[PDB]
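Inspection log for the structure reproduced underneath, given as structure tokens.
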Amino acid sequence: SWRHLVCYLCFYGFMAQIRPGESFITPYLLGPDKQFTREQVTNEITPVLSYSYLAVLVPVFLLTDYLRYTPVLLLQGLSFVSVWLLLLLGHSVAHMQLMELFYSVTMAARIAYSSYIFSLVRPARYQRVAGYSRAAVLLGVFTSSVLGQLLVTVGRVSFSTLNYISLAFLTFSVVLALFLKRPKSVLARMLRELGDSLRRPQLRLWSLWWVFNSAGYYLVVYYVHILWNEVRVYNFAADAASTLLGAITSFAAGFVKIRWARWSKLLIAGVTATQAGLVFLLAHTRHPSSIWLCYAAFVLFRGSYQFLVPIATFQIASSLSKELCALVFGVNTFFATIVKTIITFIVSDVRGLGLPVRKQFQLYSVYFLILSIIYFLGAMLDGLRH
Ligand SMILES: Nc1nc(N)c2nc(CNc3ccc(C(=O)N[C@@H](CCCNC(=O)c4ccccc4C(=O)O)C(=O)O)cc3)cnc2n1
């Protein structure tokens, strides 16, 4: 129980994140294999992903707490395998929509991995496991992305070979998940315990941070691609550097020894202010011969977010019950998604306060600044009442 538990958990987190062809799904659909039109992919496929994610997060976090997290991790792996099988053996648009449902199912089961790494270790080791596994996962993503780009830049393999490699890696990840140790009204009980746990201050603070900062981080990450496109290899370089720095910062977060009873709100306020500054750097840096500054700003922003995430998960779990952690994570993620949607309704789409990408990033920076000011006020209130 000494080596294999944590080492194999980190190894599975790394390998389950290896999908070289996941960054080239869109071109593969538009390439000379699927022959899908651009409208078809943009309208009938990705909105399916978003809607299915929103409708699938709820059962996932309602059930992963009960069935233990190993079945849900196996389900995530099998859904990734099904996604690539549909990619390699799907001609109609309905097959691709089913693939997007399965991809949303995969995206909804990360809370299972987090709560699983948390349920296998003594609470005194909550932080380090939070720092290690997350880092590994991010490292995996890094490797995945890099691998894909390398296999399409230095190598001459087609998208079909890349998808076959991704399917083989997904099968290996499923085999790895098969050997994971399974830990050893009901809904009314769970809701009452959730409320009682939310009465605790640390859980409130870190769940609020999750809900109102993961949404902003996902908005910035998703919209920075089109922000840079509006103004190729450099895009991948920035993405890979940000992922690697995120893994490094999660690893570092595993090792920090900050007194969280008093210096938790301050830390969140400072990091959120830094993220607001970095988003403003991403937005207002319109000088064409300055893209290194924009890339550095994005890399540092992702590094800060992936530094704060393991701390958030560890402090949420340490102030929770046994069969609650996954549920809480899911709810936060669920709420985060909703928040993001709300913002992406009021800033980009459905008329609303419609603005270009630069103005959207300015509003995201102002949103992060508002959060930072709110958290600074909270820290001042905590200090004044002490
Ligand atoms: N037509 C079409 N259709 C598609 N469906 C499609 N799809 C893709 C895939 N694109 C992504 C990439 C990343 C993410 C994502 O979620 N991004 C996170 C991951 C961090 C990893 N870490 C985790 O979140 C994680 C992963 C595994 C287990 C636990 C965790 C965790 O939360 O700790 C981040 O920060 O970048 C979502 C979609 C590309 N092209 C497409 N084209």
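Nothing fancy with the numbering, it's 1 onward along the sequence. All values below were derived from every heavy atom in this structure, side-chain atoms included, with hydrogens, water molecules and symmetry-related copies excluded. When a ligand or atom number is given, it counts from 1 through the structure's own listing order.
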**OP:** Provide the name, as given in the PDB, of the drug at ligand 1.
**Re:** PT523
Subject >> Largest contact partner of PT523 (ligand 1) (naming from UniProt) >> reply: Reduced folate transporter
Subject >> UniProt TM segments of chain A with a heavy atom under 4.0 Å from PT523 (ligand 1) >> reply: 1, 2, 4, 5, 7, 10
Original post:
Does the deposited structure record a covalent bond between PT523 (ligand 1) and a chain, and if so to which residue and atom?
Top reply: none
